[PDB]
Structure formats: C-alpha cells, structure tokens
2 protein chains.
Amino acid sequence: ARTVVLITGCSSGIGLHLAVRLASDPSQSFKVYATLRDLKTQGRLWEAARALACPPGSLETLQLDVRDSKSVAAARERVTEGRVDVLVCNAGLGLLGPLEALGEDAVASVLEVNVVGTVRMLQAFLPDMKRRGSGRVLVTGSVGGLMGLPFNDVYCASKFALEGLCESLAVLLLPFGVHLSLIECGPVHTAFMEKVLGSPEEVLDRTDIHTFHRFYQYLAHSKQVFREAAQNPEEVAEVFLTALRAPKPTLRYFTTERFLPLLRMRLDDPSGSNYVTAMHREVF
Amino acid sequence: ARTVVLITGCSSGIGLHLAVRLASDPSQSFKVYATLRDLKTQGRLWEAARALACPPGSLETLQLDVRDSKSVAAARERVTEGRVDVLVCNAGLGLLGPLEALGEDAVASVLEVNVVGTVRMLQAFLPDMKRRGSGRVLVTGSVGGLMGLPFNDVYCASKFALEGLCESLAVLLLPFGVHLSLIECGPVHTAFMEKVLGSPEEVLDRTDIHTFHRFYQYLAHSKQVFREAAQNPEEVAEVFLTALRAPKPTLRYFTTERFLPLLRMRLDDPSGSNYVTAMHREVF
Ligand SMILES: C[C@]12CC[C@@H]3c4ccc(O)cc4CC[C@H]3[C@@H]1CC[C@@H]2O
Ligand SMILES: C[C@]12CC[C@@H]3c4ccc(O)cc4CC[C@H]3[C@@H]1CC[C@@H]2O
C-alpha cells in the first residue's frame, strides 16, 4: 500500500541508498520494491535496512534483469499492490578505456543495460501510468550525459542516449499527467569507483603507448576530481526525494552546481570547439 | 590512389549523394569506396554515377554490414590502397511511433546500427589513423541528436548517443592529428521520408486513443516542417565537403541555421522546462 515505488539496480550505489532511504522514511508512506539482477547480492541491502530499522513490509526485493523483457514482465506481476506510483530507472554500467581496447560485447552490454533496459522498463510501466493519468518516473542521469569525457566514450554515449530518450517522452507526457525527471549526478563517493579505474598491461597490448600514456593522465586527473568533489550518497539520494515530492517537477535536477560553468561554455559555442579545447587542457 | 574515402550506407540518402559527389569531382582527387548492406541495392548508385559521368575507377562498391564486425574487417581488407584517409560514418535507421508501440528488436536494431555500428567502424579504422598521425572521420548527425522530438524517442536516443561518443573521442584525438566532425542535418528532401510517416490501425491496437491522436498531430506538423524546410541533398552533401576540406575543422557543422534559436533556449534553461514547454506548444 502507500506510495508504491519500484527501483532498479539496488545492490549498491545510489540505488541501494535510495531504497533504504525511502523505506525508512519517518512518515512510513512508501512501499519499496528494490530489484536486483542477482539476489545473492541482496545482503548489503538487508544489512543497510536493518541499520536504519526499516519497518517490516516497507521493503521487498525482486530479481529483475533489465536485459530481459521476460524478467521485466514477471517482476511487474510481483507488485501485489498492482500499481507503481514512482518508477526509478537506476540500473547502469560504466566502461573505461580507449575505444579500440573495449570488447564489442562490453560495448553491447552497456547500451543494452543503460539504454534499452530503460526502454524495456518504460514500455512495461508507461501505459498504465498514462491510463491512470498519473505516475512519476525518475531516471539516474550523469553529467557525463551532458558533456563528453575522454576514455568514457561508450559510457557517455549511453548517458547522452537517456537524455534524448527522456526529453522526447517528456514533450509527449506533459498532457498525460505523468512526470519524468532526470537526476544529474556528478561523482558520488564510491570507493569501488576509484579502484575500478586502473588498467596497465591488458590495456597496453590493445592500444598504443601514446593513448596508454593519456589514459594514465586521465586516471590521475579523475582521482583528483573524485577526491575534491565526490558527494555523499545521502546528499544525492535526497535530491531524488526533492524531485519525487515536487508538485510540478522540472526535467532536470542537478545534485551539484560545480559542473554548470563547464556546461555553459558548451552551448555558447555550438560548434563544440571551445569545449573540446577547454576539456583537453584541463584533463591533459 | 588519391584521397581514399570510405562511406557507409550508400544505397540512398546523403550517402549515395555524397559518394557520387566525391567520385565525380572535377579535380578527380578522391577514390571512393561506397559500401552497402545489400549489394542488390547498388543500382541507384551506379545509375547516379553514370549520370554524373564518374571516371572509371573512382568509385567502388563493397558490401558492408555494420551490425557485423566480421563484415567490417573483411571490407577493410578490400581497400586495395591499404589506407583510408576519410571515413564517413553515415549508415543509420529511423524509428517513429509511441515508445510502447515499438517492438524490442526494432529498438535493438536502431542502437545496434546507429551507435554500435559506428563503434565497430571506429575500432577498426581509428588505430591506423592514430599511427599515421592523420585521418578524418565525418559522422552524419541530426538536430534530432541535439534536442528531443516527440515520437522519435529511440531515434533521438541513438543520435544523442553519437554526440556523446564523438565529443569524448574528440577531446582525446585533438593531439593525434586525426579530425572528427559531426554534420548536423535538418530534414533533407526524401520523398520516402514523408511517406514512411503514417501508421493508423497497427499503431492504434498497441497504444491508446489519446497517444494515437497525438501521433496524428505530430505527423501533420512533421509534414509542414519538411515541406517548408527540407534541404537539397546537394546542399547537405556539400557541407560534408566543406568539413572535409577545412584545415582546422570544428566538431560540428550545421547544414541549416533555422533550428539554432530553438537549441539556444535549450541551454539558457538547463532544467529543460522552457524547451519541453516550447516544443510541446509548437508540435501540439
Ligand atoms: C560522469 C561522472 C561525473 C563527472 C566526472 C568528471 C567531471 C569533469 C571532469 O573534469 C572529470 C570528471 C571525471 C569523473 C566523472 C564521473 C565518472 C562517473 C560520474 O557519473
Ligand atoms: C530529426 C530530423 C531533423 C529535425 C526535424 C524537426 C525539427 C523541429 C520540429 O519542430 C519538428 C521536426 C520534425 C522532423 C525532424 C527530422 C526527422 C529526421 C531529421 O534528421
């Protein structure tokens, strides 16, 4: 009962943090369906849930594989309330390394999960929301979906894709009463994030010494930005709640304002020259 | 010999028009490899080539299926000059209709062709260009890759994806001497384009009467813009040549300036509200 919320990718990151934040809310007004690709990773969620003493029945875990429309439909049947008021499309994958070093299947997976996965969720849940004339969909964005970043080619491709998919739907949904918002996250404190970055030899034999040397420089710079600007998951997760509660929500919510100046010079020059130059000088 | 150019998707559209435009150039300085997914569609290309009296040996057709890395590699071996100076990533698919009415495989194909296909081409051809310290890659963009359009959700997703993939690479390639440019096309006179649009019943039984009614309104509006603003393929194809010849090319080349005001109000308001409102009022 209550405001039924369904979130994808709750085994860590803002997803897990958002589920427990909702389920543990003092008002006890949200019933939460935290979905995970592999249930064997539900431990963290439950330990975090017990840590915030979430009332029994405010949090339920479902196995949902966004790469499978059959998994998406089945999970939709498990929603006992037979209604979803807030859908949070959060599941996502990252990809780092020179374009030529990335395996084809890896590239195919990031699009499949990040973009198509979100398409599968919306196809399954959008119809009913339009029929009711109400619903809210929140999508986890990234400033990497607002500007291109070296060595994150395919990652930015998928995030830029969400921006376009969402802006299009938004124009159409305006009259149907269903709201759609993107939460533009900058870097969020994920120790695992700063540890995933770092690939010597394996990358070296699949690229050239000059691209490799550039990858190193990018990694060094990346570590700096993360350290000096990574936000608390609690700060980010709360933005999801600000959007979620806004009577007339905007299409975009920015969790931080530090990256806004770099985005402005990106439009003052539609030819992309200024940006490409500024970003290169700053990263190299 | 000469400036070797390889283009994808030459069975019609700007691709075909660009190949013959290059191969027939008075200076006879371009050797052209026009690739097609199905060779049985090479007729038009050849008839157009004969119409512009292209010298023998200035145009060669190769079957290249961008959805297959095996096809991409094989075609790369057919390049007798053993070098590619200008790669034009043009192959692409469109998709129209309410998100919920689009089949999953159709959505998967547009990303596979438009985005991954471009990834497969760059992985195969980027390395060599970096090793030489020179090369030019031109990618066919769309203003639908710069702003979201109702009923073109997945199409805009794929075009927004190219924008992100390219802006990222650009930042990295700046020092390697290889140039990458996007050609932002508005609508181009394609009779087939205005005839593809239009789907009653089939769409109706896979959506609701209100979305259907909106689809109709969008189609009506789409027909107007095309009629009042579609450009000649010769005008667009020439932009590809302006980029191709620029000593220091920019990241973006716009074939028309009419859509620039609508793009400006899109950044003056990063929350996306103004744009979503303006585009809805204009389209509905
Ligand atoms: C795209 C992200 C936000 C923007 C970050 C940024 C922003 C600007 C910059 O100069 C470098 C970086 C490196 C890490 C990036 C992040 C990686 C994941 C995160 O979502
Ligand atoms: C995205 C395209 C350019 C922009 C066009 C536009 C631009 C603005 C607008 O008000 C409506 C349309 C409808 C058709 C669109 C086109 C469909 C294909 C073309 O590339």
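Numbered from 1 within each chain, the chains take letters A, B, ... in sequence-line order. Method on record in the header is X-ray crystallography, 2.3 Å. Both counts, for ligands and for their atoms, begin at 1 and track the order of listing. Quick note: numbers below take in every heavy atom, side chains included, and nothing from hydrogens, waters or symmetry partners.
- The compound at ligand 2 is the drug or drug candidate estradiol.
- Among all chains, the one with more heavy-atom contacts to estradiol (ligand 2) than any other is, according to the PDB entry, estrogenic 17-beta hydroxysteroid dehydrogenase.
- Other chains near estradiol (ligand 2) (heavy atoms under 4.0 Å), by letter: B.
- Among protein heavy atoms, the minimum distance from atom 1 (C) of estradiol (ligand 2) is reached at B/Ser142 OG, 3.2 Å.
- Contacts between B/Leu149 and estradiol (ligand 2), counted as non-hydrogen atom pairs separated by less than 4.0 Å, involve the side chain only.
- Here the protein heavy atom with the shortest distance to atom 17 (C) of estradiol (ligand 2) is B/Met193 CE, 3.8 Å.
- Protein heavy atom closest to atom 7 (C) of estradiol (ligand 2), with residue, atom name and distance, is B/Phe259 CE2, 3.2 Å.
- Taking every heavy atom of B/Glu282 and a limit of under 4.0 angstrom, the matching atoms of estradiol (ligand 2) come to 10 (O).
- The entry names the source of chain B as Homo sapiens.
- Residues of chain B that UniProt annotates as binding substrate and that have a non-hydrogen atom under 4.0 Å from estradiol (ligand 2): B/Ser142.
- B/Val143 CG2, 3.2 Å is the protein heavy atom nearest to atom 4 (C) of estradiol (ligand 2).
- With distances taken over non-hydrogen atoms, the option nearest atom 5 (C) of estradiol (ligand 2) out of B/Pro150, B/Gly144, B/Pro187, B/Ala278 is B/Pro187.
- The model ties estradiol (ligand 2) to no chain through a covalent bond.
- Annotation: atom 13 (C) of estradiol (ligand 2) to nearest protein heavy atom, B/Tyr218 OH, 3.6 Å.
- The closest approach between estradiol (ligand 2) and any UniProt active-site residue of chain B, by heavy atoms to 1 Å, is B/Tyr155, 4 Å.
- Considering backbone and side-chain N/O atoms, B/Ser222 never comes within less than 3.5 Å of an N/O atom of estradiol (ligand 2).
- At a 4.0 Å heavy-atom cut-off, estradiol (ligand 2) does not touch B/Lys159 at all.
- At a 4.0 Å heavy-atom cut-off, estradiol (ligand 2) touches B/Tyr155 through the side chain alone.
- Protein heavy atom nearest atom 11 (C) of estradiol (ligand 2), with residue, atom name and distance: B/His221 CE1, 3.6 Å.
- Here is the list of estradiol (ligand 2) atoms found below 4.0 Å of a heavy atom in B/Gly186: 3 (C), 20 (O).
- For estradiol (ligand 2), the residues with any heavy atom closer than 4.0 Å are B/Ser142, B/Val143, B/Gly144, B/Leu149, B/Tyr155, B/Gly186, B/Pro187, B/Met193, B/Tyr218, B/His221, B/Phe259, B/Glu282.
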